[PDB]
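Check out this one - avibactam (bound form) stuck to Beta-lactamase.
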Amino acid sequence: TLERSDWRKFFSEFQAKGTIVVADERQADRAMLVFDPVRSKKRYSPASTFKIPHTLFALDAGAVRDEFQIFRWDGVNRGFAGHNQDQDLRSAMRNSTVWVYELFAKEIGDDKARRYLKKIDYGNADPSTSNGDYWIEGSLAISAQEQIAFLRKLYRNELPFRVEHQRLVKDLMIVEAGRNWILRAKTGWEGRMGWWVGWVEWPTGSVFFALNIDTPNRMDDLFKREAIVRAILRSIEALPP
Ligand SMILES: *C(=O)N1C[C@H](NOS(=O)(=O)O)CC[C@H]1C(N)=O
Ligand SMILES: [Ca+2]
């Protein structure tokens, strides 16, 4: 992995402290690019980025049939606007609707989660929790480098789930596309730090990214997750201007 310490200008452009790993598969044998290589190997809670593997778990276990199943909302104003309504997989992914995945969690075995996480070697694969949900308030942790490794498995259909379920999750991740490019990504926010992970597919190959930053300013820092990544991806012609 090649260290791009010059990428500090992008984090400073938005007054943030964080890391990013970028794996550029356009052409061949390009070095993996990293800002802050030590932090890039530090494990953090995946927070809402866990909805990527969590959806694979729920599909593989039968907690959700497909993209057309509607999950009826219990009528309790429990999050924000997009959470307080009936959900399908796409709305839950786009709005980061926590209560759908809480429902998936209880239906999935607590032992199944362990067997799942270990079968894919996701971070430390430890869903031990004391109170909250194990993917945000628990032992489960994964580094940026480990997110890249996981996303490439999903991209290559190499994960030990039905290829149909891998394809569905990759479709649910779509946040933007042009005629020549497709961006698939998911944000996460743990409270004190935050994520944006995913990749953008071009004709000549795909560019994977995993960024985490600290979020001392809480909500006012959330835009920085995408803003830093987009500036870096644009700098390497991985997103249009
Ligand atoms: C996921 O990290 N979360 C769910 C929700 N949306 O997060 S997102 O904007 O990063 O997709 C609120 C923040 C967070 C949580 N508190 O569970
Ligand atoms: Ca290539």
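For chain A, we keep the numbers from the PDB entry: what you see runs 25-265, in order. Indexing begins at 1, ligand by ligand and atom by atom, following the structure's order. Because only heavy atoms are used, hydrogens play no part in the values below, and waters and symmetry mates are left out as well, while side chains stay in. Recorded method for this deposit: X-ray crystallography, 1.9 Å.
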Every instance of avibactam (bound form): ligand 1
Residue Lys210 vicinity, atoms of avibactam (bound form, ligand 1) by number, heavy atom under 4.0 Å: 11 (O)
Numbering as shown, the atoms of avibactam (bound form, ligand 1) that approach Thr211 to under 4.0 Å (heavy-atom distance): 8 (S), 9 (O), 10 (O), 11 (O)
Test item, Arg249 contacting avibactam (bound form, ligand 1) (heavy atom, 4.0 angstrom): yes
Region of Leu246 engaging avibactam (bound form, ligand 1) - heavy atom pairs below 4.0 Å: neither
Polar proximity avibactam (bound form, ligand 1) side, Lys75 side, N/O cut 3.5 Å exclusive: no
Residue and atom name of the nearest protein heavy atom (relative to atom 6 (N) of avibactam (bound form, ligand 1)), distance in Å to one decimal: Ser120 CB, 3.2 Å
Minimum-distance protein heavy atom relative to atom 14 (C) of avibactam (bound form, ligand 1): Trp213 O, 3.3 Å
Within-cutoff protein neighbour (heavy atom, under 4.0 Å) for atom 1 (C) of avibactam (bound form, ligand 1): yes
Avibactam (bound form, ligand 1) atoms in contact with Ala71 (distance to a heavy atom under 4.0 Å): 2 (O)
Interfacing atoms of avibactam (bound form, ligand 1) (cut-off 4.0 Å, heavy-atom, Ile160): 15 (C), 16 (N), 17 (O)
Heteroatom distance test (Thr73, avibactam (bound form, ligand 1)): nitrogen or oxygen, under 3.5 angstrom: no
Covalent anchor of avibactam (bound form, ligand 1): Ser72 OG
Top protein contact for atom 3 (N) of avibactam (bound form, ligand 1), by heavy-atom distance: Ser72 OG, 2.3 Å
Site residues for avibactam (bound form, ligand 1), heavy atoms < 4.0 Å: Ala71, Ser72, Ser120, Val122, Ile160, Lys210, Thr211, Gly212, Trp213, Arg249
